[PDB]
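Beta-lactamase, liganded with doripenem (bound form).
Position 1 is the first residue of the sequence, and the numbers go up from there. Atoms considered below: every heavy atom in the structure, side chains included; atoms not considered: hydrogens, waters and symmetry mates. Each ligand, and each atom within it, is numbered from 1 in the order the structure gives.
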Amino acid sequence: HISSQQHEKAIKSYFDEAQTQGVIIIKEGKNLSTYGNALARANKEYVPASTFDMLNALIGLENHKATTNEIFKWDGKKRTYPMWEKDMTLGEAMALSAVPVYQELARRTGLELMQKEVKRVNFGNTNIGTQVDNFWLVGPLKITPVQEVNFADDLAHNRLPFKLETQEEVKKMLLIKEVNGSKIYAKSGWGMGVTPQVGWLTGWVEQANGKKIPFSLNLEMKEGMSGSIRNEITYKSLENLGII
Ligand SMILES: *C(=O)[C@@H]([C@@H]1NC(C(=O)O)=C(S[C@@H]2CN[C@H](CNS(N)(=O)=O)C2)[C@@H]1C)[C@@H](C)O
């Protein structure tokens with residue numbers, strides 16, 4: 001039916017029309033495919049930004065720094081987004097990308113344990129530096145879109161080196177959409193502490209039949225853009241490829 005030339009052209013056009021530069025990497029079984037309008041982004045390093053929340057949550061839970069029902073209280077200080085001015089569980093903080101919660105979690109884990117855990121799972125360049133509460137936001141920790149799709153593939157298949165229950169607890173936190181029997185699990189990212197800014201959407205689709213298809217979208221955000229472009233491009237791409 002549809003030629004891969006036409007798939008490549010369609011997905012490129014989604015990035016072109018959002019007036020950005022980006023890539024989406026899709027993995028099917030063992031085969032990695034790179035689509036978009038700036039393919040060379042695929043092996044370039046960027047800050048993980050809020051995508052690190054997934055591994056922050058795995059580490060915190062595995063090491064009993066939190067539980068999935070624990071309510072992280074708002075301290076009452078003004079926050080960047082009014083939606084973050086409330087009490088929340090890790091799960092809620094995951095959907096809202098509430099960095100103050102993931103910062104508190106990182107502080108509980110602590111620098112020594114954080115570094116050792118980031119090494120053990122071999123995440124990105126694995127370097128967190130000396131600042132426990134912003135290493136995923138402004139450097140030194142970096143990761144390529146290929147490395148992110150591989151992380152999502154690992155987590156989707158319970159292959160990371162954490163208890164199965166830890167991985168299931170985090171995965172539950174990541175359900176963002178259901179489309180005709182398919183379930184989309186993903187974590188968004190928007191790094192505003194770097195120039196240029198980076199947008200991420202990394203997760204997988206779980207199809208009706210049980211197959212999991214991981215993906216990582218990576219693009220350049222500029223002041224002005226709506227964050228929902230990350231989602232809109234992702235769904236359009238997955239739909240174009242008949243994955244959903
Ligand atoms: C982490 O990257 C960063 C989070 N990440 C996001 C995000 O949307 O991925 C935000 S933006 C904030 C939370 N969601 C609201 C926007 N919704 S949407 N659909 O993206 O337009 C406002 C924030 C910058 C941490 C480090 O702050």
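Applying a cut-off of 4.0 Å to heavy atoms, one finds the binding site of doripenem (bound form) to be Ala49, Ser50, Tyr81, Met83, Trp84, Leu96, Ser97, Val99, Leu137, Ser188, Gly189, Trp190, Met192, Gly227, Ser228, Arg230.
What sits closest to atom 15 (C) of doripenem (bound form) on the protein, heavy atoms only, is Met83 CE, 3.8 Å.
Nearest non-hydrogen protein atom to atom 13 (C) of doripenem (bound form) is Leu96 O, 3.4 Å. What sits closest to atom 26 (C) of doripenem (bound form) on the protein, heavy atoms only, is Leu137 CD2, 3.2 Å. Near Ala49, meaning under 4.0 Å from any of its heavy atoms, are these atoms of doripenem (bound form): 2 (O). Those atoms of doripenem (bound form) with a heavy atom of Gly189 less than 4.0 angstrom away are 2 (O), 9 (O). With ligand atoms numbered from 1 in the order given, doripenem (bound form) contributes 24 (C) to contacts under 4.0 Å with heavy atoms of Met192. Residue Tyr81 places no N or O, backbone or side chain, under 3.5 Å from any N or O of doripenem (bound form).
Closest to atom 9 (O) of doripenem (bound form), if we only count protein heavy atoms, is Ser188 OG, 2.6 Å. The source organism recorded in the entry for chain A is Acinetobacter baumannii. Considering backbone and side-chain N/O atoms, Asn231 never comes within less than 3.5 Å of an N/O atom of doripenem (bound form). Protein heavy atom at the shortest distance from atom 23 (C) of doripenem (bound form) is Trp84 CZ2, 4.0 Å.
In the entry as deposited, the covalent bond from doripenem (bound form) ends at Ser50 OG.
Remark: atom 17 (N) of doripenem (bound form) lies closer than 4.0 Å to no protein heavy atom.
For doripenem (bound form), the atoms closer than 4.0 angstrom to any heavy atom of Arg230 are 7 (C), 8 (O), 9 (O), 20 (O). The protein heavy atom nearest to atom 3 (C) of doripenem (bound form) is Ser50 OG, 2.5 Å.
Nearest protein neighbour of atom 10 (C) of doripenem (bound form), counting heavy atoms only, is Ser97 CB, 4.2 Å. Annotation for doripenem (bound form): atoms under 4.0 Å from non-hydrogen atoms of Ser228 are 19 (N), 21 (O).
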